**Q** 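Thymidylate synthase, bound to CB3717 - let me ask you about this one.
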There are 2 protein chains.
Amino acid sequence: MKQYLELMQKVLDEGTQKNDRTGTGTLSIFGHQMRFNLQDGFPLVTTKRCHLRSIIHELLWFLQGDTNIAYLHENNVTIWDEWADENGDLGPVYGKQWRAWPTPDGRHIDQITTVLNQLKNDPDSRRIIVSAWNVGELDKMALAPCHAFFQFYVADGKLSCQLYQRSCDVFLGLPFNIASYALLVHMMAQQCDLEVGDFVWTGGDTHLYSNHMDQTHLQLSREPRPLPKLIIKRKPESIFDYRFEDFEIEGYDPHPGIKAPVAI
Amino acid sequence: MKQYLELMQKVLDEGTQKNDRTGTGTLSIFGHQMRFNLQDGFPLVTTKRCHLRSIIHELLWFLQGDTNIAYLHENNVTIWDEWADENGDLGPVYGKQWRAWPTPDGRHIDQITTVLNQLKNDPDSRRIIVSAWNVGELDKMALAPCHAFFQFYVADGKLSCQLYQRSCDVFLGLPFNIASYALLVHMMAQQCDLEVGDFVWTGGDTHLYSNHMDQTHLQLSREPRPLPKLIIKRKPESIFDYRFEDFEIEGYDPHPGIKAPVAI
Ligand SMILES: C#CCN(Cc1ccc2[nH]c(N)nc(=O)c2c1)c1ccc(C(=O)N[C@@H](CCC(=O)O)C(=O)O)cc1
Ligand SMILES: C#CCN(Cc1ccc2[nH]c(N)nc(=O)c2c1)c1ccc(C(=O)N[C@@H](CCC(=O)O)C(=O)O)cc1
Ligand SMILES: O=c1ccn([C@H]2C[C@H](O)[C@@H](CO)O2)c(=O)[nH]1
Ligand SMILES: O=c1ccn([C@H]2C[C@H](O)[C@@H](CO)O2)c(=O)[nH]1
């Protein structure tokens with residue numbers, strides 16, 4: 001898509017070369033925002049074939065409050081493999097924080113139930129937020145949260161969402177993150193009987209890895225096609241019981257997949 | 001300032017009317033970003049006169065870990081009085097989260113000295129973050145954190161910072177919030193022997209209150225003046241040892257002050 005390809009070109013034209021924790025090397029910029037009107041289509045990139053079943057299984061895994069890759073393995077999704085301990089655990093990452101933020105006093109906060117109840121009982125609230133940046137638990141995590149903090153907003157019957165992503169792999173992780181959160185806004189709007197508005201993406205250290213330069217140049221020479229449409233086949237009795245079968249994308253015609261080395 | 005007056009005009013041209021917890025009513029946009037190059041000048045608005053005293057004393061108060069207004073009273077700062085209880089207390093707001101975020105197991109994390117240690121030993125980290133958004137303590141706070149989350153970045157010997165502000169009173173609070181953070185970026189750069197880079201402001205619910213519209217069009221009819229210059233007269237032993245007198249603003253020639261009521 002055009003917003004995405006523009007950001008790729010901006011990192012190649014303006015990026016500063018940095019040494020990163022993996023010793024791979026990076027071209028980097030700081031501070032970027034992009035806006036996706038969800039009325040205009042599902043923001044799934046078309047200049048390379050994205051694999052939607054990993055995106056939706058990971059999100060359903062987050063909403064169930066789970067931090068073990070077993071569910072993901074039952075569904076053949078491999079994305080979290082090299083960050084899990086010998087027992088399949090990643091520590092209190094996203095799922096644990098969304099569904100059960102631990103207080104110092106033993107209790108737990110369910111930020112997703114809280115956000116649902118806010119959108120239904122108080123839509124004008126300027127605090128409809130969920131954070132995964134639990135400073136008291138970052139130590140205990142296999143990886144610190146990249147998509148750290150997000151906020152929902154309602155205006156004329158429409159639900160918007162803004163993500164703060166502190167660390168972004170433009171070639172590999174960012175297509176995956178945009179579609180994952182656009183999916184969540186569609187699920188939330190359906191449970192809350194609202195229309196979809198904008199998905200706003202804001203990034204911190206926004207970067208392209210040195211060994212992704214050829215892959216980037218190939219994608220950057222491809223023309224963006226029309227965006228797909230997301231069909232949610234049934235309306236579940238809560239945001240905690242959607243299943244892989246409920247989601248469909250008509251009109252998705254992408255360019256070939258493009259393989260790229262993952263950095264660990 | 002140019003960026004600032006452009007934002008006021010954007011929420012006027014594109015904002016939608018919203019009801020809010022204070023009952024006052026607001027014009028509102030969601031999702032905005034702007035960049036202040038701190039090498040160009042200190043970003044203190046010139047289209048109306050701003051009170052530096054309260055900005056500097058509130059930052060110094062935050063950095064001490066203090067959440068009681070007694071300090072602010074010893075210095076004639078009354079900006080936090082409406083929210084403070086009978087004992088001068090605001091609950092675990094900014095100062096406490098910044099200096100002593102409580103973990104699930106007894107511990108307390110000082111996010112400011114962690115950030116200083118990362119800028120010295122690891123300035124290319126993508127994790128140099130301070131969060132005030134402690135989900136576990138929100139209900140003990142006088143008010144939920146508006147300037148909620150921020151991130152530092154280093155590139156060509158320069159320190160940059162991006163703030164996510166979830167709720168923003170564009171007329172009354174935002175002049176205060178960008179001078180406060182630009183000041184923190186100069187204090188941090190001075191401590192780490194870095195030069196100043198960019199302050200990136202990102203807003204969630206960015207708004208103008210209904211009873212601020214004539215003041216806003218009044219300000220908006222004024223040409224921005226030359227941006228002031230910050231002179232720090234001393235290099236203290238630590239970020240916690242700065243004093244009001246160490247800072248001098250040079251060349252601040254603002255248009256007349258404009259009074260406006262605070263929403264409850
Ligand atoms: C973001 C996020 C979640 N994640 C987690 C995650 C964890 C560590 C990371 N590390 C690095 N260096 N980059 C990433 O983008 C990244 C992403 C993902 C993990 C892998 C792929 C990936 O390699 N994508 C391939 C194949 C995926 C598939 O078969 O579906 C692709 O071609 O798209 C995508 C997302
Ligand atoms: C942001 C922040 C901290 N705060 C805290 C804070 C708390 C609640 C709020 N509530 C509302 N509705 N708007 C705010 O901007 C706001 C700000 C402030 C509080 C008061 C003033 C204020 O009245 N301003 C000056 C007027 C002139 C000037 O701007 O210089 C004053 O009289 O002191 C500014 C900042
Ligand atoms: O959801 C995610 C997770 C990780 N990353 C990137 C950030 C950095 O490049 C590396 C490790 O966090 O993978 C993303 O872009 N998105
Ligand atoms: O740092 C601050 C604190 C408060 N506000 C505004 C937000 C909202 O309009 C009201 C209450 O949080 O005051 C700001 O803009 N900045």
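Below, chains carry the letters A, B, ... as their sequence lines are ordered, and counting in each starts from 1. Hydrogens, waters and symmetry mates play no part in the numbers below; they use all other heavy atoms, side chains included. All ligand and atom numbering here is 1-based and tracks the order in the structure.
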**Q** Which numbered ligands or lettered chains belong to CB3717?
**A**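 You'll find it at ligands 1 and 2.
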**Q** In this structure, which other chains have a heavy atom at a distance under 4.0 Å from CB3717 (ligand 1)?
**A**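 Chains with a heavy atom that close: A.
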**Q** Taking heavy atoms under 4.0 Å, what residues and nucleotides bind CB3717 (ligand 1)?
**A**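 Heavy atoms within 4.0 Å: A:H51, A:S54, A:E58, A:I79, A:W83, A:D169, A:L172, A:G173, A:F176, A:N177, A:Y209, A:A263.
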**Q** Hey, which atoms in CB3717 (ligand 1) end up nearer than 4.0 Å to a heavy atom of A:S54?
**A**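 Near A:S54, meaning under 4.0 Å from one of its heavy atoms, CB3717 (ligand 1) has 30 (O).
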**Q** When you measure from atom 6 (C) of CB3717 (ligand 1) to the protein, is at least one non-hydrogen atom found at a distance under 4.0 Å?
**A**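 No, there is none.
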**Q** Note the single closest protein heavy atom to atom 4 (N) of CB3717 (ligand 1), along with its residue, its atom name and the distance in Å.
**A**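 Protein heavy atom with the smallest distance to atom 4 (N) of CB3717 (ligand 1): A:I79 CB, 4.3 Å.
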**Q** Which of the atoms in CB3717 (ligand 1), numbered in the order shown and given with their element, are less than 4.0 Å from a heavy-atom of A:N177?
**A**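 Counting from 1, the qualifying ligand atoms are 1 (C).
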**Q** Pairs of nitrogen or oxygen atoms closer than 3.5 Å, one from A:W83 and one from CB3717 (ligand 1): do any exist?
**A**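 Between A:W83 and CB3717 (ligand 1), no N or O pair is found under 3.5 Å apart.
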**Q** Distance under 4.0 Å to a non-hydrogen atom of A:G173: what atoms of CB3717 (ligand 1) satisfy this?
**A**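 Listed by number with element: 1 (C), 15 (O).
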**Q** Counting only non-hydrogen atoms of the protein, does one fall under 4.0 Å from atom 27 (C) of CB3717 (ligand 1)?
**A**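 Within 4.0 Å of atom 27 (C) of CB3717 (ligand 1), protein heavy atoms are found.
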**Q** Would you say A:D169 has any N or O atom under 3.5 Å from an N or O of CB3717 (ligand 1), going by distance alone?
**A**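 Yes, there is a polar N/O contact under 3.5 Å.
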**Q** Determine from the deposited structure the residue and atom in covalent linkage with CB3717 (ligand 1).
**A**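 The model shows no covalent bond.
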**Q** Show me which atoms of CB3717 (ligand 1) lie under 4.0 Å from any heavy atom of A:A263.
**A**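 Those atoms are 10 (N), 11 (C), 12 (N).
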**Q** List the closest UniProt active-site residue of chain A to CB3717 (ligand 1) along with its heavy-atom distance to the nearest 1 Å.
**A**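 Nearest UniProt active-site residue in chain A (heavy-atom): A:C146, 7 Å.
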**Q** Using 4.0 Å as the heavy-atom cut-off, which UniProt dUMP-binding residues of chain A are near CB3717 (ligand 1)?
**A**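 Heavy-atom check against UniProt gives A:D169, A:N177, A:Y209.
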**Q** Does any N or O of CB3717 (ligand 1) fall below 3.5 Å from an N or O anywhere on A:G257, backbone included?
**A**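 So CB3717 (ligand 1) has no N or O lying under 3.5 Å from an N or O of A:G257.
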